[PDB]
Colleague: 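Structure below; questions to follow.
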Amino acid sequence: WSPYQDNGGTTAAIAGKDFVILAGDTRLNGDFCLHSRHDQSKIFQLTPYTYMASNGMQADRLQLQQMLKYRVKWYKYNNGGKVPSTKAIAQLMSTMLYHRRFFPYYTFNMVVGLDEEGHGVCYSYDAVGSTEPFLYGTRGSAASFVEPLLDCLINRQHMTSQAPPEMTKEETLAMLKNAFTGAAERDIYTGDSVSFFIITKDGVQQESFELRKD
Amino acid sequence: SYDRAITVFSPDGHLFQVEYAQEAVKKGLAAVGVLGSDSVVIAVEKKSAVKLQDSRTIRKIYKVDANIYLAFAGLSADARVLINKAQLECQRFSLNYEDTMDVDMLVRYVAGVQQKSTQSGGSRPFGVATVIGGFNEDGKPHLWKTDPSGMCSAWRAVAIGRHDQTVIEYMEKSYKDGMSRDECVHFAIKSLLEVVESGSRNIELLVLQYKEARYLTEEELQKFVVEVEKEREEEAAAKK
Amino acid sequence: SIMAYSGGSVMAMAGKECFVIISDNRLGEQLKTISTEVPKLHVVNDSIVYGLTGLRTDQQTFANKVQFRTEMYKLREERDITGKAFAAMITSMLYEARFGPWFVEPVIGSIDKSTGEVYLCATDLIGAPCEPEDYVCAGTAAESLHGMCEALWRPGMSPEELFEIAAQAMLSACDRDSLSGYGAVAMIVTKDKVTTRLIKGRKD
Amino acid sequence: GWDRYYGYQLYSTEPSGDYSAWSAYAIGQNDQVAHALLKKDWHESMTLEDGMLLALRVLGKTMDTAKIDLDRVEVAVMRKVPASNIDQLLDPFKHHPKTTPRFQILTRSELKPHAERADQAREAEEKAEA
Amino acid sequence: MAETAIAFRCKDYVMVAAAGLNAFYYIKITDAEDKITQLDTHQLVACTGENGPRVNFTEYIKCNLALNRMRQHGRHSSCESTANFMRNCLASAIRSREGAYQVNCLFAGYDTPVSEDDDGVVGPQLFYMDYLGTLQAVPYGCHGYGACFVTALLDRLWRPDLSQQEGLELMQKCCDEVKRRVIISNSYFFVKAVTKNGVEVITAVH
Amino acid sequence: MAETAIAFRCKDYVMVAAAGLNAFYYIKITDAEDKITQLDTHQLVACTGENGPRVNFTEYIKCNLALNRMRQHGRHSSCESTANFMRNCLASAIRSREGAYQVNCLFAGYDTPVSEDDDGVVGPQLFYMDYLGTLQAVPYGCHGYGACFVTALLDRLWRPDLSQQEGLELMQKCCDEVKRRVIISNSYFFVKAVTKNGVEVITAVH
Amino acid sequence: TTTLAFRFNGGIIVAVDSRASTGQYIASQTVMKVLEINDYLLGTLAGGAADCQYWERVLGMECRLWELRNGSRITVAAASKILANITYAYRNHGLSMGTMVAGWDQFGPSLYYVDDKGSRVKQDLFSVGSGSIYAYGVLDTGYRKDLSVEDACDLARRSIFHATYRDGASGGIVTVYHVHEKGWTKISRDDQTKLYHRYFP
Amino acid sequence: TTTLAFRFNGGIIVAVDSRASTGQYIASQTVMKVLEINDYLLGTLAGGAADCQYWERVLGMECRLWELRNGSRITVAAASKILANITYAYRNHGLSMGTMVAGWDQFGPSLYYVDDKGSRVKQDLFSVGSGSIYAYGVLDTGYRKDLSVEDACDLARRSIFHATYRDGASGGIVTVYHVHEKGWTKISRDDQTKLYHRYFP
Ligand SMILES: Cc1nc(C)c(C(=O)Nc2ccc(F)c(-c3nc4ncc(-c5ncccc5C)cn4n3)c2)o1
Ligand SMILES: Cc1nc(C)c(C(=O)Nc2ccc(F)c(-c3nc4ncc(-c5ncccc5C)cn4n3)c2)o1
Ligand SMILES: *[B]([O])([O])[C]([C][C]([C])[C])[N]C(=O)[C]([C]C1=[C][C]=[C][C]=[C]1)[N]C(=O)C1=[C]N=[C][C]=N1
Ligand SMILES: *[B]([O])([O])[C]([C][C]([C])[C])[N]C(=O)[C]([C]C1=[C][C]=[C][C]=[C]1)[N]C(=O)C1=[C]N=[C][C]=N1
């Protein structure tokens, strides 16, 4: 018996000027079977402006989502109802991944939220909490498909051409569908349906999208 | 274990076990220290010339650090336990920080131990008051004073022990700021023989300089007492 | 192995009204000589002399705990420790640390001052008591000493002729062992006197 | 006891944690009396036979007894004897000192030559009283 | 073991020498790092090993000798009392949680009479030690890779009646042999000496 | 790997340098052993490795170049034909009974026109090799522990138009860096050079 | 990682890359490998990414608590001894971190170096990381104590570059700092690919 | 086993011990560490006792068959190359032997050394075995090329002795040979215990 197990799936996020698009496919799978196709336990809401979006092991995912859930509640009780920012949550994430360094979580995390200025910033983590603010991020089994793809079309590097204007919410969303329709073709542990979260200052809207079932 | 609350409050907001620990210091031997420009002197009472005491001369002012020395007043058994906590703290400091300990750091530790015994179960306060003097790594002479309540404060001329207020109100109207070395030893003698009897074998004075500490012997102390004894005759002649 | 790290062999024989004890002079680290003038014997009183072999770090640490316990025995009980009480004392010390065991093998020789009975004892590293009436031996050359001591011993020996057998048994066994040698230091002891002799050996 | 740091030492111990070094001291009944009698005659360059005769003579003063009795007096001396248990052969690189200190307690055969010198010294200061 | 320590005692001095090399698996960090820690005014120790346990063992030994001089009114303890305090820290660490100190050291000192009643040792002291807790008083001791080159050199040339200059040119032969056969580049050797007037840092032999 | 080989080619010469250290696990056997084998009058190879396979590989290569000059009437083959014959012996030995050669080598040479119909290479040749059978023509190649110290040194200072003296003082900087950072004592470096007049043993840089 | 730093007549210059690779995959390219401890200290990063960012944030907490209690700045001889006692305490716990501290205390400059095993050394010239062996040969050739401020910034920026060019675990954006008596200033911040067409046009 | 041989102005002096130990038990004390190959060559033995005595008996057969076919003596450069090609052929077969060949051919002397892995080196000064590291430091201190015949016999007998005194795997009876132009002569054969009361009376 081994107490670690990879449950597939991928999560990707692209942050804009006053928004973040956050996505993650709904597909749970085990040893060689397919457990489910409708797991919503991959992206978790902490505050109305900051989400966490983790994947890897499904059992240690649900435990990390709850300990993150109540450290926000002790923050809210001890500060007079003040909701924590993205920078406060993502440093809370970076410490708790190191407090369990010798029996760690088999999760790979992304804290996704808005700034105090309103701009969206995504963070990424290893298994022990190496953080960095960055404009996008892709974790999971299909990370090596999508993270070079997001390098080629967001940074606009190695292309002798002038810069396009700033990406809207719609042109970011239609871009991010081209990655999950690309990861459903070439990765066997990825893709039944991907759920898009659009975090704006006037609440969050939620969409769904269909991928290949095989 | 036994941890019943001993140091409690009075119906007038006083701590009885602290006010009664200060009374044990007011019967202790008087110790006077003044602050100069390049030197620190501290003089203690050194109970008597017992003639039965050992010919090996016993120091009253104890060494705590290389540059920080300490003199106390109160119960001599409580003060020995207090200093072996402070002598253990200097070797905790230069094992975790690779530095010589400042004078203001050691006094905040000893005052932290005095206050910690005033808020424990089964513990009475320490019945000692200390005068701590020493230099930093950059010169800067210092002189400190802790009470049994645990309050640290740095002074320009300090006196503890029996007749606490008697010396301090005397040497706040005769203190000259920025003395030399020979003026400090002369000023510590004339403040200490105000309280102790006129004997010459019951003063133990010490001069602190930078990386050089010199205890005064028998015959060197005879030179400074006579210069004080001839001047206090002039001070009485100035009154009449 | 850890037991043959430092080198050194200690043995003892029993005579009529006397016993001998003899160690070598070598200290080492598995092939190389660290010192050439180091005995392994220890004397606690005028009746008991014991020798330690094994790991030299444990040869000094255990002998400090023995001297801590032998001198505390003389303060509590107003008397010198006897041979049967000393051998049963450090038998118990090697059994308390049975899972973290000391790497010593004490070779105890003792005698009664008033009666004249010799008492030999050689425990293992885990404290196994064993009292032969003829001889005891421990160390790296211990397998060579059971041949030398058993083919040369007889029960009725004088103190002068028991030394001659124990000395030729130590040296002939250390000429076949490459972790023991460099002379030998012996100690014959009767009811009346203690004589300590240093013996010529090969400097190889 | 003797150490190599300051030689022969003598200490008191109070039931409060306080101690003090001394050259002569008294604890028990009439310790305030026996301090003054030791203060009247103690000098630096004093031998052990002059110190043991000082020790027995002040002991008879407090319990007001001429002809000091040996059944009611216990003595013990702390001096250095020549070292006998030196074993240079099993310790080749260890140095042994020449003389070692030995705490001992005198018997009745050892204290009778010293108790008959303290009453005579009391008798020597008795013929010159009037 | 890559760095050697060489020490020999004579009639009125103890020479020590320790190569000041510090490396990172093949990369020379330093060439002049002092590895002979001055414990007391008449005592020093030449520890070898990696730089992790070597500082943390010597600072624990040095601050406890100084603490035992604070609590004992500035009375300097003997060299055997310091050496037996050292191997107590080696022997209690091989049976502990944190593990054994990987330090090999040579203790050196000179015994002076602290008072007129002291009739102890007058001569010099030199103690071989180990990482396990072995302690041995020895005429000369050596650690490192080049130890076996120079221990048999001191079998040939060491004499108990060597002078300050004759033992100074012996240590120069001790340093030139390690430069000749050992593949590890030991170029600067930090020669110090303990005499009746304290320690002294010899500039000539390097 | 304990011994370094440094080689760089320029407009009309190829410098080589190989430390002449031979050791037995920490004991310096030699300090002057020639490790740059003169294969032909215009070709040489600077092999590194232990002394077992290093002689037996170079003697097999050298005696077969000489045999191919016996059977072909003294006609000297090109430097690429020798280098491709060498890596055939490395690559066929990693899949054999006796095992792989543990030799790392730098081939060097100068191409001269053997007749009037030869219109091949005129310039110098320098080939990096490996123990597996990797072959790469390179502007400068380095082996050993100190290779990474000096390959980034030649990233800084090497120029294609260096002269005989300017590349001679560059190789002196190459030898002084290995003495400065590598713990392995490389003191004598055997600098040779291949020019249009054959090989030459440079005495100055050591 | 190819962090280096050296000490000269005029202060201390710290120079890093910005690349974090988890083997043969490059995780990131904008990693800050200098955690400024406060406005007069610096700390560097090599080895494990989480082991460095945790304990130099612990080190930045013990330096701030020093100034609150004692009212004065912490020295660098006390700052590394905090980091070395932490590191030696966890030497059997498999940590991987190699960090330099650099700062201007009241005794001038000092450039220390702490292992993951409790070592602390005091020199004027270091280069740490997997590609540091490339950064020594170009730095030891051109180092001298009395360099100017501009030439030592040029020697540091050029010595990072020749190791980023050769090591697979090094590269990105070369960041050069300068520790003078008033604190530290970020000198330059430039890409390694842009820096290739300056040094070899 | 401690075994050395050196080259000087006057020939080659070979000096050995005579001890064979199986770990901590000493098997024998009269082992001839020098196998004379013929009346102008020598060969020493170190490492495995059977691996040396076999292949230096094979080497003594290939040197005798050389003289039968070619009518002349074999050189030392051909004699070691026979032993080195044998040794390199069995480098994966776990052999343990380290041997020096020494002799006077028509080109003066030459002193070689063959591993168990196929190496062959040409120097003037060797010391092989487990206790060789003790025999270097007393020999490198007192070696020079123009020693006399008696002093170089004294330096070899004294350098073996300080290795037998310190190493547990070396000892016995120090055997000193001398290779001059007419062949070899057994100089001395003396016990190590008798040799202690000569050098330290
Ligand atoms: C004074 C001094 N002189 C030198 C030469 C040094 C030094 O090098 N000290 C040092 C200490 C601890 C470390 F942990 C490291 C260190 N740095 C690294 N950088 C990158 C990778 C790595 N990265 C990606 C993939 C794979 C690997 C192996 C690994 N390490 N390990 C370096 O110190
Ligand atoms: C040019 C040169 N420089 C040096 C320093 C050498 C050298 O040392 N070459 C060498 C080669 C092959 C060997 F096999 C040996 C060799 N000698 C030995 N003697 C004794 C024991 C032994 N004995 C008893 C018990 C246990 C052991 C391990 C083992 N060995 N192994 C030595 O060559
Ligand atoms: B430098 O290259 O060492 C750099 C270190 C810096 C960010 C503190 N990063 C890395 O290369 C390390 C390599 C490594 C060393 C030791 C163990 C494991 C990895 N990479 C990371 O730590 C890493 C891995 N994945 C994500 C983020 N960081
Ligand atoms: B000397 O110690 O190297 C000696 C030289 C030999 C020519 C007599 N060798 C031995 O003593 C070896 C030691 C050894 C080395 C390597 C592997 C195993 C053993 N011993 C023997 O070969 C041996 C075994 N049994 C009897 C006699 N000799």
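The chains referred to below are lettered A, B, ... by the order of the sequence lines, with proteins before strands, and numbering in each begins at 1. Heads up: this isn't the whole entry, just a piece of it, and contacts are only counted within that piece. Both counts, for ligands and for their atoms, begin at 1 and track the order of listing.
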Colleague: So, counting contacts under 4.5 Å, which chain has the most with ligand 3? Name it the way the PDB entry does.
Modeller: Proteasome subunit beta
Colleague: I'd love to know the name of the drug at ligand 3.
Modeller: bortezomib (bound form)
Colleague: What are the letters of the other chains having a heavy atom under 4.0 Å from bortezomib (bound form, ligand 3)?
Modeller: A, G
Colleague: Name the residues that contact bortezomib (bound form, ligand 3) at heavy-atom distances below 4.0 Å.
Modeller: A:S130, G:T1, G:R19, G:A20, G:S21, G:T22, G:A27, G:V31, G:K33, G:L45, G:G47, G:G48, G:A49, G:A169
Colleague: I'd love to know what the PDB entry names chain A.
Modeller: Proteasome subunit beta
Colleague: Any chance you can find the covalent attachment site for bortezomib (bound form, ligand 3)? Residue and atom would be great.
Modeller: G:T1 OG1
